[PDB]
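Drug sulfamethoxazole bound to macromolecule 7,8-dihydropteroate synthase.
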Amino acid sequence: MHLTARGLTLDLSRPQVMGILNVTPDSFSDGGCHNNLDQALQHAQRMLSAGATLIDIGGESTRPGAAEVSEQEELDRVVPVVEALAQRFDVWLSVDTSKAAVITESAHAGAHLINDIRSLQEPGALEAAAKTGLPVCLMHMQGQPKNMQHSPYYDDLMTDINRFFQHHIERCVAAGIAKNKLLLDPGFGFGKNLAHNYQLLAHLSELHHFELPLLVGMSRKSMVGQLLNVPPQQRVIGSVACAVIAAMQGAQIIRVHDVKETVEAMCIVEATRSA
Amino acid sequence: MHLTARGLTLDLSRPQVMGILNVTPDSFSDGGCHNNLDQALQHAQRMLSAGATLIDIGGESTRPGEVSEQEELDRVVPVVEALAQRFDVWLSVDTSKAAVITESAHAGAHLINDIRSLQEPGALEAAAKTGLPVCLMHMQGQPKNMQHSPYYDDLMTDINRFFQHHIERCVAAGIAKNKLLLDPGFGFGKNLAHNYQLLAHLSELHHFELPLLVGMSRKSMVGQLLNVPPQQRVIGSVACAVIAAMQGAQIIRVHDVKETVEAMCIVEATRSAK
Ligand SMILES: Nc1nc2ncc(COP(=O)(O)OP(=O)(O)O)nc2c(=O)[nH]1
Ligand SMILES: Nc1nc2ncc(COP(=O)(O)OP(=O)(O)O)nc2c(=O)[nH]1
Ligand SMILES: Cc1cc(NS(=O)(=O)c2ccc(N)cc2)no1
Ligand SMILES: [Mg+2]
Ligand SMILES: [Mg+2]
């Protein structure tokens, strides 16, 4: 069936591509590329043209060792982009933020989905998200962006992810967010070494037991970089291969920098799965 | 899991990329590109540097819609000779003709890649005298009429029955079973639905306990989905390669080696993570 927000629907029986729109100076792969409004809008339209059905707007880099972004600065980066896109296009608008104020003002500006790598743990974020009535993506992470890659360790990775998701779904529900408004992301690269990342990719389909949509983000990350020994821009193929492996296991939403390639890949996946 | 020819071993616990070297004027995606001797040699080194562990040489386009024995032999043998005397890599010959098989092996080839599964006059015998590994490919019909209404009651049952028949045929001729490789022949007498059924059910073919070779690179099964020209089919072809290798397919025959190798790395990392 379908995920819904504000009269929009999203077909969960086919892989959907979420296009990354970073509005920061220091995002790990494309910082300073889409920093001004006109450039952001052209990039969004390019991604829409290439077949993305969601645009993920993020004004805070959460790469390992990332700097803090002030509340007002994040607002200034994100909200005018949400507003301008909401007025122009028929598409899901996701906001990659952890701040209560950005959640609320983005909702006010016409956003459809709260993509929070911190699973609504920041002060006021859970209450802010609940009041919007919008779907929320919860992401697994060990540590914070400042220390997550300092020796990641698990007795059993999948058990830990399951426990984390169980705990945070309960927390969202008790706050008044209906379970069917939730998405789960196991958080590739977030407190996970290379082995952990590929273990997780190998076992991804096990997460369907929650009966919630899965969103995954592997695009151009170190889990590809470390294997191919190439810079972020040259990780398109590796990233597409990861997306194909994830989608073959029924991951519903794929978060990527390179929309055209991923969409083409997803066509081949859909034709394979429907056969 | 392990394959040896001429003292050179090929690991099959990890996916292997076979690079395509067409030496024809009319191949469906790259006819005329690598026709002269020097460009054939150039293209091979590039593929080698990109990580190909087999080079596949083919002097006859077998696309939907023939070539003389003297015309075919002159295209392949001089190319086989130079590469064998230059590089430490499995050379494969994409041929059906007995003379081509015999003279190619003499020049130093390692593998017989036959889309007709040794069915031409003298081919089975000529291949036996070499002692080399053979790839047997499934095909319904002939390149002249294979794409005229492909039909199967059950696609997979036919492929299995085709392979069973040609394995026995090879063994009876002296070719040891552990020297055989199977290719279900994507795009060869198969429509769009057939090709993707085959891709979806590919892993079922492991029951023969023989290495699988697959070739989907730039084919119409991708073209019909993406509505892009052959050379713009890299991404679709890589996606097919990933799906095949995740299902344990051991050899992948491709035009775009660098891209496929990078994708196979990700596949290998995933598979060996359990
Ligand atoms: N739900 C979800 N959100 C995410 N947001 C940012 C990044 C990192 O990608 P990018 O935005 O290009 O990096 P940066 O954090 O530097 O902006 N990854 C994910 C992810 O895997 N899942
Ligand atoms: N084993 C095997 N051999 C093959 N040889 C040629 C082609 C067609 O590709 P190409 O050689 O690039 O085209 P052409 O026949 O026009 O030379 N496909 C296969 C295949 O799928 N499997
Ligand atoms: C036209 C046309 C269709 C078509 N199909 S195909 O799948 O691309 C194909 C190409 C080469 C070979 N040897 C077999 C099949 N190729 O050209
Ligand atoms: Mg970002
Ligand atoms: Mg050829």
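Naming: A, B, ... by sequence-line order, numbering from 1 per chain. Determined by X-ray crystallography, 2.1 Å, according to the entry header. Ligands are counted one by one from 1 in listed order, and the atoms in each one are counted from 1 as well. Basis for what follows: all heavy atoms, side chains included, without hydrogens, waters or symmetry-related copies.
The full list of places where sulfamethoxazole can be found here is ligand 3. Every other chain with a heavy atom under 4.0 Å from sulfamethoxazole is listed here: B. Within 4.0 Å of sulfamethoxazole on heavy-atom distance sit the residues B:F28, B:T62, B:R63, B:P64, B:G187, B:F188, B:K219, B:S220. Close approach of sulfamethoxazole to B:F28 is summarised as follows: ligand atoms under 4.0 Å from at least one heavy atom of the residue are 8 (O), 10 (C), 11 (C). The shortest N or O to N or O distance between B:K219 and sulfamethoxazole is not below 3.5 Å. Checking distances under 4.0 Å from sulfamethoxazole turns up the other ligands and ions ligand 2 (6-hydroxymethylpterin-diphosphate).
The shortest contact between atom 8 (O) of sulfamethoxazole and any protein heavy atom is with B:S220 N, 2.9 Å. Distances below 4.0 Å separate heavy atoms of B:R63 from the following atoms of sulfamethoxazole: 11 (C), 12 (C), 13 (N). Protein heavy atoms all stay at least 4.0 Å away from atom 1 (C) of sulfamethoxazole. Nearest protein neighbour of atom 15 (C) of sulfamethoxazole, counting heavy atoms only, is B:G187 O, 3.5 Å.
The nearest heavy-atom contact from the protein to atom 16 (N) of sulfamethoxazole is B:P64 CD, 3.3 Å.
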Identify the protein atoms, limited to N or O, that lie within less than 3.5 Å of an N or O atom of sulfamethoxazole, and list each pair with its distance to 0.1 Å.
unit_1, atom_1, unit_2, atom_2, d
sulfamethoxazole, 5 (N), B:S220, OG, 3.3
sulfamethoxazole, 7 (O), B:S220, N, 3.3
sulfamethoxazole, 7 (O), B:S220, OG, 3.2
sulfamethoxazole, 8 (O), B:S220, N, 2.9
sulfamethoxazole, 13 (N), B:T62, O, 3.3
sulfamethoxazole, 13 (N), B:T62, OG1, 3.3
sulfamethoxazole, 13 (N), B:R63, N, 3.3

